[PDB]
Structures are given as structure tokens and as C-alpha cells.
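Structure with N-phosphonacetyl-L-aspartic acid present.
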Amino acid sequence: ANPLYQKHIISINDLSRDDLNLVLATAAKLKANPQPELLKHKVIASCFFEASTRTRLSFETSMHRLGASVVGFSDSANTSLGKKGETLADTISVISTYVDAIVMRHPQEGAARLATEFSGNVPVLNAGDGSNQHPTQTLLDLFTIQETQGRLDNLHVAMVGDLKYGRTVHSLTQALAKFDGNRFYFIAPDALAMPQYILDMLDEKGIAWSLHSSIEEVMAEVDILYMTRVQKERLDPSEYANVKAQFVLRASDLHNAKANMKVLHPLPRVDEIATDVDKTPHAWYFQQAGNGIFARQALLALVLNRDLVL
Amino acid sequence: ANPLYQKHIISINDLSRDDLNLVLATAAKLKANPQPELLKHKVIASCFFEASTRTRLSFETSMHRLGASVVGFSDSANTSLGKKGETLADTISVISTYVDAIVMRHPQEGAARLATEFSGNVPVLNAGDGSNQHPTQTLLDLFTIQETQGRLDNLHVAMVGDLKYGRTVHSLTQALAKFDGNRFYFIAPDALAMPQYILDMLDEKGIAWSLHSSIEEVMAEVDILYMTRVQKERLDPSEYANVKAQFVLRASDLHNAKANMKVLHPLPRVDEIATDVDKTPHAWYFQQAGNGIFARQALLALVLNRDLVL
Amino acid sequence: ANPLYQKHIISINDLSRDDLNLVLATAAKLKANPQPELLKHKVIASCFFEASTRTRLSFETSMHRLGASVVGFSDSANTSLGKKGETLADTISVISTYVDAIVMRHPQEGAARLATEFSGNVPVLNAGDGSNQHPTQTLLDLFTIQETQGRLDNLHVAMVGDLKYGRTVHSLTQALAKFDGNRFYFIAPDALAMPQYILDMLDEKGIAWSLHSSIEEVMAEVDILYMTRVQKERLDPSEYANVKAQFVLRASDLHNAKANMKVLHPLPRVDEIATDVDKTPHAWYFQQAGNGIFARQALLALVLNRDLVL
Amino acid sequence: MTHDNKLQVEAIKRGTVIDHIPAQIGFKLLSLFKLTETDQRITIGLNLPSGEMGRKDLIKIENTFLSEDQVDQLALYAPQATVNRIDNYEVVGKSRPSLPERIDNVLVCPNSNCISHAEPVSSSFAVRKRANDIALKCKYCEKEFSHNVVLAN
Amino acid sequence: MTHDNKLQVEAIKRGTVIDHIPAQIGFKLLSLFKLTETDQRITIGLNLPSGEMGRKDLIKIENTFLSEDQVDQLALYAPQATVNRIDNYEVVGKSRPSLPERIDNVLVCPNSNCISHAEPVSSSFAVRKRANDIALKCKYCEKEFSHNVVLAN
Ligand SMILES: O=C(O)C[C@H](NC(=O)CP(=O)(O)O)C(=O)O
Ligand SMILES: O=C(O)C[C@H](NC(=O)CP(=O)(O)O)C(=O)O
Ligand SMILES: O=C(O)C[C@H](NC(=O)CP(=O)(O)O)C(=O)O
Ligand SMILES: [Zn+2]
Ligand SMILES: [Zn+2]
């Protein structure tokens, strides 16, 4: 039994470095040598109570690539939770008596953690719990960063945009902070800054981090430029001034960008990255998404398969 | 014929110090000796295409106090301008063939002005045109200020809150600027700072003005503390960060205030003046509103009655 | 100065039998001999923050019949209280500096009483305060009962329908209870029963009252059959079963009805009274509403005029 | 003023002492009447041995004097209570609560639609002695409530 | 035993004595801990002169020990408070409340979008010391706040 067998993937905060590396090493193995029937007789629930394109499709595609079946919903408007008023607890109590695993994305934070208390030995994978965590997204980012930078330590990482409601940066920052000598450049408007708990944590580990008002400033030192979208669906009325993109990346802003540097971005983009960047060698958000298939195949394999992949 | 006979009252910028004092002079006479029949056979249109409680009621009350009749609307949803798509020009082309005077408040700036180009010798009185001008509000203010301070020259006046959209402070500022040695203190959030045109105008006349980040700073020098509400209905999406009052006046903040000081405020207030202030001798916004009656009566009498009031 | 000069008219509970008789005595006088210029230089506010057809129009008509002017609003949607978030205390604080009296109808109970706390010496008249009281309606009803019954004592009055949320029946029961020998018959659903504070009040005075399941039971004893509409706009979600009229009076149910009996009804009706009743000699709800003019003229006259009507 | 007794309370001058508070009521008066929002020394004894009441609560507040209207408010929750005013250790005054006509700015109208809420005014109720409870009539909405249901704040 | 030596509050037989409670905090603990919901004798002293602090609150409850009544929690509202277990009129046990790793049930997560609200679960926060401002991390939403934002909810 590998370390991740039958474990809940809820928060990066609960995962070790050995766990993350375990996932990436597995993704590479499966990417190199596919295993079409690894999960042959498994049925997995794909429960999206919140909108999604890349996460649900890649996850569901990953499952099929491993031979497992998928059931679920991509809108809590057809479930008895919305059309008949039901608690997440009751919904999980029943679904967990049907399936072998539950991948879930929820609008409220804590949903995945709440879910584990109601799914007796049926693994729960957090596909994002409203602005809090997004573990798998980080596994995919780790994989990609490694693929293009050759490593996960001693890197200059900049995260731009909505960092307060960005569940992706919360996980990513915590994960990269588990490795040695990484430096963070946070570029986001005041009203949407990086939560104190992430900063305090960085300090406790002696990790170096700094704030900046523009991308140009850090553009020549960054190995990874992680752009993000403003979480308009999680903003409070008194923050609607930030709904628009304050930081826009254009093909020209990359003239003095390191050769190796790669631009990433959990894809739902709304002009934070001008399409003219797509053509440059630095654009890497579409290949990033593609890495979702490998990171997620490895995760499912480790969670639902006791013996490590050969 | 007095000087304002049949004149349009659109912007304070078009009135002279003479005109202002004329109105105040008349306002004092009518207050002391009412004239129930001065406008006996006049029919006035009270046209409000935008919300109003104080301005529309005191105006209409003033008309009845002088014996005139009133017609109109307080909502442009019943008029054929909204329920049938109609231009303000047309709405005025017809209404001006029915009444002797037109009092109007509109959501767009310039409405009052535009109106004068379509009301053949029927005088138009601006009751507020968007975030631009509010002439009669100023008259009420000057009356109140002269009443409580004994003069309109050499005063220390502070204006707090939304100054960018406050049509009241624009008018009041331009009007006080017509008198000698007045000093201004603007206490507003960067996003809602006093327009540049007002400031350049104060400069051109050698008027002294300073910006301040708190009321405590100026609380010892001011004679008039003029509070204003955030004009939420006029804010741009990118300014919703300001919708909440950034400066709240409480009764404790008045400990070092000059004995003669008076707190004024057009009125719809919303948490920027604690109600515990109402009990203090400095609160004077309700009385301020009471004077709306004398200021508006005078204005109507001077505009529609040829001979000066005895 | 007559007893009701400059007095607030809030709740029947606060008026005496003398006061009532005075209003009725005055209403009769003015009805016999109109006085078109009694309130000649008065301006009254007609403030309805809730719907009304009868009360507001009859009140304003009564004002005109006495020569007073009217300003106000029939919908709190155009006022700054709604379009700008404003407390009633502030609304009354400014309106009371314009007018000679305020007639108000409000959705929340206690509204009128609160108003009296913010209108220094300007009388406040309750035109209805969200399911609590309706003083004027009662005066109208008493006038009607005395006109058709010859008296207000030793009558058999039955009240059908929504007695819980029927502000009209709360006021009418309390007033009739100020007269000798009246007997009440309350016919209403269990969920919409007459308030306990009303029953306790009747018990304290030794007034006889009893409940009944139908109109047929009492039809032959009643002198006044007071029908009411179900106050749907005030019912709670758990009472919507009562929204429909459970007791419906039809022309045929009046066969064993006392010759003198009259069917009364505040006027908004929704099938509680079949239109075939309109033609019977017992139908008296329209002439009842008609009496609203004389009751209200008298009320305005006594409150705003020091000398009793000749 | 006590020496030859078995009681464990002693030494207090110039203040107020509310006695014979029925058990489980001393804490309610304390919170319900904001009696502990002061800088003055307070001494409370809950479930103290009582000759007749069996058990009783006891509140002492130095340098504070409840008026006649305040002492009467206690009658809504502790009718049997006894109040003594103190000074220089001398218990100059002694009195008893008597049910008031009104009780202002203390309770909150249970009515969700009562105007008194989102408004610049303090609550107020007419007090009416009823059987088994006390009826409170909101001065605004005029609805009557059981004193066992009307909350504080 | 313990007699009076210029200290007007020293007498009880077996129970708990919570000392050094900061002013205006003694009434809170009485509430949160539902300490008065009992038939046992309780003595409370508010605004007591403290040569130790300046002005302190003091509580004494007979035949009642607060070990499962969470000294844990008490560590939050009254960090400097001291808890002594009494017996035979003498202090047999004395201790300082120590900050817990967590707190369950009592608190409520400030986060209005936290899943904890609409669901059948008990609250839980991980306690962590910063600088005269304890931070609390919600078990579910993982968001963190200050005890001053959570406790003064
Ligand atoms: O990048 C974003 O704006 C949102 C982010 N997006 C994704 O993970 C991709 P998707 O929503 O298609 O699954 C998330 O928080 O889930
Ligand atoms: O509404 C304000 O904040 C200020 C000012 N207010 C008024 O004139 C009072 P009202 O809107 O009730 O007529 C305005 O510009 O309309
Ligand atoms: O509406 C009812 O059923 C009774 C009563 N009706 C009236 O006053 C008539 P109106 O609403 O037209 O003024 C009321 O309480 O408002
Ligand atoms: Zn009430
Ligand atoms: Zn939470």
C-alpha cells in the first residue's frame, strides 16, 4: 500500500513533500507507459456543484484512460440538493454508498473536508472548495513547472492577480514552499492580496517573498509567471472595483524575460493575458492544462490502487 | 421687475453675489411676513424624473404657501418619456405650454440647461441635474449659514465625503467663492475628490483650500461642517470600493469644535453622522431643511412675481 | 381649543368615548353645512409608504373640501427613504418642518407612534400602520353604524375573516367596546383569530363575545355584519392556506337577516362578498366608504382648528 | 452591618444591596439590567443559604444607587427582592420593588415587523400583571408579550 | 483555612477559585461557561482592587472543578487568570490555563461562506499564538482570524 492509498486529497497543507513527489513520479510513469485497465472495475463520482471545464473534463478523461466508469452531475440544479433542499452531508452519505471515490468541486469552502466526515472509507478528492483549496490543480502545476524548469527548488515564482480568492495560488504557494529555496513575487491589487496565513507560513519557513506593483519589475528574475483571473464570483460588493484586470500581460512585456521562463495560468482567463502572448515560446497555459491528464491519472491510481505503478 | 424676474435658475455659476443676497433678502421677508396669495393664479410643474423627498416636498409646499397650484410627476415611469420612449426636449416642448414655471430634477447632467432651450419664456428651475448642480439647495444652505454664523464671508468651511458627485458641494462651493475670504477644507476619498474645475476656480480667485484625511484635523477651525452622502446612484463600477462612508461623525468628535459651529448635511444621510450627533447643539441639518421652505418660496416669488416683496 | 386640537391620532386605544362622539358630532355638522375654507392656509402631508385607494383619496379629498393643500407621495419608491436608504425618523424629521399635519400609512406597525417622536408639535394621523391600527377607518365605521342603526350601544356586531391581521377590526372592536351593551361574534379561521389582547380587553369590561364557525349561525341576530379581506400581504409562509376566503357571503345568506342589518366592509374585497349582494338593501360598504369623507373632514377640522365647528 | 451571624458576607459602605433574589434570578437581573457594566466594585453570591427562601441570590454594588423606578423594574423578575441603600456602613434606606407601569430601553420587541428595530428609538413596554406571568405591550406595535419571551438588549 | 487579612474575599470549602480574571471579563466567563446554571454556591467579585494587576474579577464555585469545563477555553479570554482547586479551605492545587491546539463547538467561523454554517457539524479552530493576538484557523474553510474577530463575533 502506497502512502496515498485510500487517502483523502483535501488540502496541500496536509500533504508532505514525499506525497507530492510520489504523485509526479507516477504521472511521469503513466505518461510514458499508459495503463488502460488499471481501474477497470471502479466507478467514480464526478460531483460539480460549481462550474468547471478543465478540471471536470480532464478528471473524467483521466478516469476513462484508466478504465474506470464515471457518474455524477455538473450542476447542482438537477440534484435533490438544490431542487428539493438537501445538505451536503446527506448528499455525500448516499453517493458514498454508490461509488469507489468522489471527486467534488463546491461553491463553499470546507465542503471537501465536511464531505470526508460522511463518506466512510470512500476517498474524497477536492476539485476545489470555493476559493480555499485546489490540490489537484497544484499537482498539475508542479508537474508542469518541473517539466519546464527541470526542478521544484530554487525558483523565482511570481503570482499575479487576485491572490485572496485564488484557491490555486493558496495551494501552489503552500506546495512550492515545501521545497528548498523558492522566492515569491506577489503582484496583486491591495483589496485582493495574498492571505496573511500564507505569508506567516512563508515567514515561519524563512522563505523569501516580496510585493510589487507591476510585472515589469520582476519580469527579468522570474522562472515562472503564474497569472490568475479575478474571482468575480467570490468577490464582495465592496470589491467590484477589482473585477477588471489590473495587470495585463502582453507579448512585448516579455522582451527581457529569461529564456527558460514560462507563463502559466489556471486557464479561465479574462484578458489578463493578451492573445498575442499565445504565439511566444513563453506561453505555457495550454500545455499546462494538458498536464492535468497526467497528474490526475497518477492521483487516481495512487488513491484507488494499492500497488505502485510499474 | 426685480433682477430674477422670469430668469432660469440653472447653475450657481450663472448667478451673481447680488442675486444670491436678493434671494436671501426676500427669503427673510417672507419668513417674517408670509404672503399666502402672492402666486394666486399660477400653475407650476414639479417634474421629478429622479428620486427626492426634501427638494420636491419643500418646493411643492412653498408653492402652496404662496397660493400656486402644482402638477407633475415624481417618477418618470408613468410619463410617456419612459413608458413610450420620449426625448426630454419633447417632454419640455409640451409641458411648457401648460404651466407658468418648471421645477425639474433629472438623472442626467445638463437636463435643466437643455430644458431652457425648449421652454419658450417659461422659466426652468433646476432641482438637481445628475452629479452637476443643485442651485436651490445652495440657497437653502447660504440662508442657513448666514442664519447661524451671521455672515457669508470669512468663514472656515469643511466639506466631507463624496465631493466628486455631490452636486450640492459643487454649487455651494461656487457660491461661497463669490463672497470674500472664505476658506475651504475638503475631506474626501481620492476616488471621490472635488472635481478639478472647482479647484482651478478657487485658485483663480485666490481662494485658500486644503485637503485633509480626517475631520479631527480641521475640527477646531471650522465654522461649518458640511457632511455629504456617497452618491451611490452615480458611482462607476470601479468606485464601489467607496460606497461606504469613509468619514463618520460622532458626538465625541465634537469636543473641540467651536461654539458657533454647525453640522450641515443635505439629507439623505446613511451612517456618516451618528444619530447621537442629533442631540448636540451642533447638529443643524433638519433646521437646514426647514429653511428650504423660505429659500424656495423666495426663489419662486422673485422668478414669477415682478415686484419685489415688501 | 377643543379636546382633539393638535393631538396625534394614532390608536383608538388612546382615545376616549367623548373624543369619538366629538368627531361623529362634528362629521354630522360639516355634512349638513360644508365649510370650504376652514383649513384655508393649511398644507398637509399625505404620506403613503404602502398601497391605498380609499383612505388616501378620501383623506386628500377631505382636505380639499376644507380648503387645504396637499403634498406627499403614494409610494415610498420615489422617496429618498427607499431610493437612498433612509430611516423614518429622518423622513418625519424633515417633512415635519414643511407641513401643518402628516397623514401616514406605513407597512410596519408602530410607524405612526414613532413619527410622533420626531415631529415636534405637527400632528400625526395614522392612516394605517401595518396590521396594528386604523383609527380613521373606525371613525368612518362608527359614523356608518350610527347612521344605519340609530346608535352605537347594545348592538350585535359580527366580524368575519382575517381578524388577526385586520387592523380595521382591532380599532373597531376597541372603539365599540367603549360603548354600552355591545355583543361580538368573531368568525375567522383558527390561524387568523382575533388577537388575545383584544379578547382580554373585552373580558376586562364585561363585554360579551363568542366565536362561531359560520355566518349562518349568527345571521339572524346581528345588526352589523363586518366583513374583512384576508391580509395576504401580511400573512406568514405557514399561513398561506388562509390566503383564500373561507367565509363567503352571498345574497341568499341574507334571507333570515334582520331588516335593519347592514353588511359593512373596509373596501378592498376579494370574493368574501359576492357581487349579487351589492344589489340587496343590506349592502352598505360603498356608502360606508362614502362616509370616509365626513369622518375625515371632521378629524382634520378638530385637529387643525382650535374652535369647534358651528 | 453583621457580626454575630453564620453568614459569610461582610464589609461594605455606601452602595446598594439587592436581597432575597430567588435562585436562578440573580444572574438574570445582572445581565438583563446591565448591572455589571460599571467600574464599581461588585459582590455577588448565588445560591446562598436562605432562612425562608431556602436558597437566594445576593447582589451588592458599591457607590451606586438604583432609583425608585429602577428598583421597581426588578419586580418583573424578583418581586420578593429587598433593596437596602448603604452609606458609611449604615443601611439608611430599605425598600421593595413594586410593579411599574412601563419599563423602557431594556427589552426588545419580539415583533419582527415592529417599527422599533431599524430606528433611532429605545424600546418601551406597558407592564400588566397577569395570571402566571406578566404581559408586556410594545408602545409601538401594541402587541402584547409574555415577559417570559421578551429578550434583553 | 483562610481568614480575612485586609482581603475581603477569602473563604470556601472545596471547589474552584478562578483568580486574576481581567476586568469586564468575569461576567463573560460566567456566561460562556454557564457557571451559574447550578444549585451550588457561587461567590463573584467584580472590579476587585488587585495589587497584582490593578482591578480584577474573581470567581469561587463550591464543589465544582473546571477541568472538563475547559480551562482550555479560559486560556483565551483570561490568559493571566489563575485557577486554584480548593479543599478543606486550603489551596491544594494551583495552575495557569495553557493555550489549546484547538477549540471545538463553542466558537463560530467568521467566514460567511464556510461550509460549517448550513451543515450538521460542530465548529473547530486550531489555536496558534502570534503577538497579543491569538490566531484561529477554521478546520473546514481553513481561513484564519484573530480571537478578537472570532470571540467578538
Ligand atoms: O482559474 C480560475 O479562474 C478558476 C480555477 N479554474 C480551473 O481550475 C479550471 P476550470 O474551472 O475549468 O476547472 C479554479 O479555481 O477552479
Ligand atoms: O441626496 C443627496 O445625498 C444630496 C441632495 N439631496 C437633496 O437635495 C435632498 P432630496 O433628494 O430628498 O431632495 C441631492 O443631490 O439630491
Ligand atoms: O385592506 C383591507 O382589507 C382593510 C383596510 N382597507 C382600507 O383602508 C381601504 P384602502 O387600502 O384602499 O385605503 C386596511 O386595513 O387598509
Ligand atoms: Zn413592537
Ligand atoms: Zn470556516
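The chains referred to below are lettered A, B, ... by the order of the sequence lines, with proteins before strands, and numbering in each begins at 1. Computed over heavy atoms, backbone and side chain alike; hydrogens, waters and symmetry mates excluded. We count ligands from 1, going down the list as the structure has it; atoms in each ligand are counted the same way. Displayed portion only: the contact tally does not extend beyond what is shown.
In this structure, the ligands or chains belonging to N-phosphonacetyl-L-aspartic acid are ligands 1, 2 and 3. Bound to N-phosphonacetyl-L-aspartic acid (ligand 2) with the most contacts here is the chain that UniProt lists as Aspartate carbamoyltransferase catalytic subunit.
In this entry, the other chains with a heavy atom less than 4.0 Å from N-phosphonacetyl-L-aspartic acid (ligand 2) are B, C. Residues of other chains with a heavy atom under 4.0 Å from N-phosphonacetyl-L-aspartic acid (ligand 2): B/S52, B/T53, B/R54, B/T55, B/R105, B/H134, B/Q137, B/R167, B/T168, B/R229, B/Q231, B/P266, B/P268, C/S80, C/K84.
There are UniProt L-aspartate-binding residues of chain B with a non-hydrogen atom under 4.0 Å from N-phosphonacetyl-L-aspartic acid (ligand 2), namely B/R167, B/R229.
Note: an N/O pair closer than 3.5 Å links B/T53 and N-phosphonacetyl-L-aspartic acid (ligand 2) by distance alone. Remark: minimum distance from atom 14 (C) of N-phosphonacetyl-L-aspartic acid (ligand 2) to any protein heavy atom is reached at B/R167 NE, 3.5 Å.
Protein heavy atom at the shortest distance from atom 10 (P) of N-phosphonacetyl-L-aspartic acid (ligand 2) is B/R105 NH1, 3.6 Å.
Here the heavy atom of the protein found nearest to atom 13 (O) of N-phosphonacetyl-L-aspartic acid (ligand 2) is B/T55 OG1, 2.7 Å. In terms of protein heavy-atom proximity, atom 5 (C) of N-phosphonacetyl-L-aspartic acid (ligand 2) is closest to B/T168 CG2, 3.8 Å.
In terms of protein heavy-atom proximity, atom 4 (C) of N-phosphonacetyl-L-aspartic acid (ligand 2) is closest to B/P266 CB, 3.6 Å. In summary, the atoms of N-phosphonacetyl-L-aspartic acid (ligand 2) found under 4.0 Å from a heavy atom of B/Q231, numbered by their order in the structure, are 2 (C), 3 (O).
Checked against a 3.5 angstrom limit, the closest N/O atoms of B/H134 and N-phosphonacetyl-L-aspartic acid (ligand 2) fall inside it.
For N-phosphonacetyl-L-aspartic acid (ligand 2), the atoms closer than 4.0 angstrom to any heavy atom of C/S80 are 10 (P), 11 (O), 12 (O). Of the protein's non-hydrogen atoms, B/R229 NH2, 3.0 Å is the one closest to atom 1 (O) of N-phosphonacetyl-L-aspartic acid (ligand 2). Looking at UniProt's carbamoyl phosphate binders in chain B, a heavy atom closer than 4.0 Å to N-phosphonacetyl-L-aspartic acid (ligand 2) shows up in B/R54, B/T55, B/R105, B/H134, B/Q137, B/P268. Summary of contacts: the protein heavy atom closest to atom 6 (N) of N-phosphonacetyl-L-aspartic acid (ligand 2) is B/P268 CD, 3.7 Å.
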